[PDB]
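Here is a PDB entry that includes itraconazole.
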Amino acid sequence: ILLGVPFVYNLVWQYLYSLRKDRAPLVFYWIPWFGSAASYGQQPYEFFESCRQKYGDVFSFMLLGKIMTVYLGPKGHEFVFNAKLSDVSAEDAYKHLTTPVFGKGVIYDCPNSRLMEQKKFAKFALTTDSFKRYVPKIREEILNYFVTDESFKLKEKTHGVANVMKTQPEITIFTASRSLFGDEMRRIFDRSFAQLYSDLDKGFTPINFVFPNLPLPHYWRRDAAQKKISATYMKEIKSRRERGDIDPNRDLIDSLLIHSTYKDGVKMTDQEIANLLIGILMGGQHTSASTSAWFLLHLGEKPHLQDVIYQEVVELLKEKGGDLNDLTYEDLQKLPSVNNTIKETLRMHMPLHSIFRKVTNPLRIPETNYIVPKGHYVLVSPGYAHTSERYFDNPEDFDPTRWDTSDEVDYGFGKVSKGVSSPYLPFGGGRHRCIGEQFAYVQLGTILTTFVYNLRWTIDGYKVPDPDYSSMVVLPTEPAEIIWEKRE
Ligand SMILES: CC[C@@H](C)n1ncn(-c2ccc(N3CCN(c4ccc(OC[C@H]5CO[C@](Cn6cncn6)(c6ccc(Cl)cc6Cl)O5)cc4)CC3)cc2)c1=O
Ligand code: HEM
C-alpha cells in the first residue's frame, strides 16, 4: 500500500500547485514523478496542441520528475533561444546526455565561454572555400556507396529496394568523415569502426537524460566506445602533427589543430579535441542523415518532385557541357529545387522537437505574473510552429515550392542573427545557434542531387512512414524504404 501513499500526496500536491497565479499552468497526470512522459514522448506536437487548446501558448508538464515550462510560437522563440546566461543554462539540460557519449572537456562539459570558442574553432573548416573542396569529396563518396553497397550496386543492377534507415546514416557518416576528417579517417571506416559507433549510439538515447550511467552492457560498451574512438582521433592528431601535416584549410581536424587556444591562452587537450570531434560527427550525422532520409521518402511519395529537382540540374550541366562531376558548390547555390526541398523537409520534419535550457535564477515570464523558479526547465519548440496552420497553411502538404515569392550580434563564433522570432527556426538561434547549417545544405544538397541524378524512385503504398520519437532525433518508422531504378 505504498501505492495509495505516494498517490495521495502527489495527487493532493498537484492541486496545491494550482493556486499560485505566479506559476505557469501545469498539465495533469496520474503517475507520481512519471508525469506526462507518456503522452509527450509519443506524439508531442499533438500533446502540445492538447495543451494549447486548454491553456494557450504558455504552460508546463511533469517529465520523469522534472518540470518543463513550455512557450509556443515566435514569442517562445525569443523567450528561450535569446535568454541570457544568468537565468538559463543550456549545459545543465544537455549535459548528462552528450557528455557520457562525447567525453569530458567539450560541448556541454565546460562553461559557455569555452563552448563559444569551440564553435568558433569549428567554423574555420566551415567556410565558402571549405565547401568547395567538400562537394566533390562528398559526391564521390556517395557514388562509391552506389557502386559498392549491397543496397544499390548500380554497376550490376538496374532496380532495387534500399532501406533509408541504412543508406542515409552510412552515407552521411561516410561523407562527413571524408570531408571534415579527411581521407585517412574515411579509409579507416572500411573497418567496423562502424561497430564502435554503433556501440556509442546505443548509449546516446533520451533515457540518458535521467539514466546516463547505470551498470548495464550498452552503458559500459558506450563508455568503452567513446574511449576507443577518441584515442583513434588522438592517434590521427599525433600522426599528422609529428608528420608536419597540418594544412589550415583542408579538414576540420586541421582547422581544429591550428585554432584551439582559448581567449585566456588556455589550450584544449589532445583528447578534448577528440571528444569535440566526436560530438560534431555524431550530432551532425544524426540530424543530416534524418533529413536526407525524409526527403528521400517524400520524393518517393510525390515522385513528381524528383523530376523538378532533376531537370534543374541538367539545365545547369547542359550550360557547362560537363556532366555531374562538374557540379560545384556555387552550382548548389543556383538549384532552388534542392534547397527548398531541404528547406521544406526541415519545416515538415525538424530533427529536434524539444529544445531545453535549465533555470538558474527565477525568471519572469513576459506579460504574465508567472515566474519560472530555479529548478524548472524551459522548452522552446520551433517544430510545433513549423507545422501549424497558424504559421504555414497546409502544413500537411510537402510543398517545396512554398519558398518562393534585423542586423546581427556575435556571441563568440561569428555573427548570428539578433532576430529569433521567425516561425521557421530549424537551426535554432541565439548563442546556441547551429554552426553546421550551411554545411548541411552542402551535404543534403549533394546527397540529394546525386540520388536524383542517378536514381528514380517511389515508396510502395505512397504511405510515408509515421515518425518515431523514442530517440535523440525524430526518424521514420521502419519499414522505411524506397523503390528505385537507375535513370540510365
Ligand atoms: C524511453 C521511454 C519512452 C516512453 N519515452 N518517454 C519519454 N520519452 C522521450 C522524452 C524525451 C525525448 N527527448 C527527445 C530528444 N530531445 C533532445 C534531443 C537533442 C537535443 O539536442 C540539443 C543539443 C545537444 O545535442 C545537439 C544536437 N544537435 C544540434 N545540432 C546537431 N545536433 C548537439 C550540439 C552540438 C554538438 Cl557538438 C553535438 C550535438 Cl549532438 O544539440 C535536445 C533535446 C530531448 C527530449 C525523447 C523521448 C520517450 O521516448
Ligand atoms: C540539418 C542539420 C542540423 C540541424 C537541423 C541542427 C539543429 C540544431 C539546433 C536546433 C541547435 C540549437 C540547440 C539549442 O539552442 O538548444 C543546434 C546547435 C548546434 N549544432 Fe546543429 N543542426 C544540424 C546540423 C549540424 C551539424 C552538421 C553540426 C556539426 C558539424 C552541428 C553542430 C551544432 C552545434 C555545435 C551546435 C551548438 C549548440 C550550442 O552552442 O549549445 N549541427 N543545431
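Here the PDB entry sets the residue numbers for chain A, with the shown residues being 25-429, 442-524 in order. Read the numbers this way: they start at 1 and go in the same order the structure lists the ligands and their atoms. Reckoned from all heavy atoms, side chains included, excluding hydrogens, waters and symmetry mates.
- The location of itraconazole, copies and all, is ligand 1.
- The chain sharing the greatest contact count with itraconazole (ligand 1) is, according to UniProt, Lanosterol 14-alpha demethylase.
- Binding site of itraconazole (ligand 1), heavy atoms within 4.0 Å: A61, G65, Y118, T122, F126, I131, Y132, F228, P230, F233, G303, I304, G307, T311, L376, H377, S378, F380, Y505, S506, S507, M508.
- According to the PDB entry, the source organism of chain A is Candida albicans (strain SC5314 / ATCC MYA-2876).
- For chain A, the UniProt itraconazole-binding residues having a heavy atom under 4.0 Å from itraconazole (ligand 1) consist of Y118.
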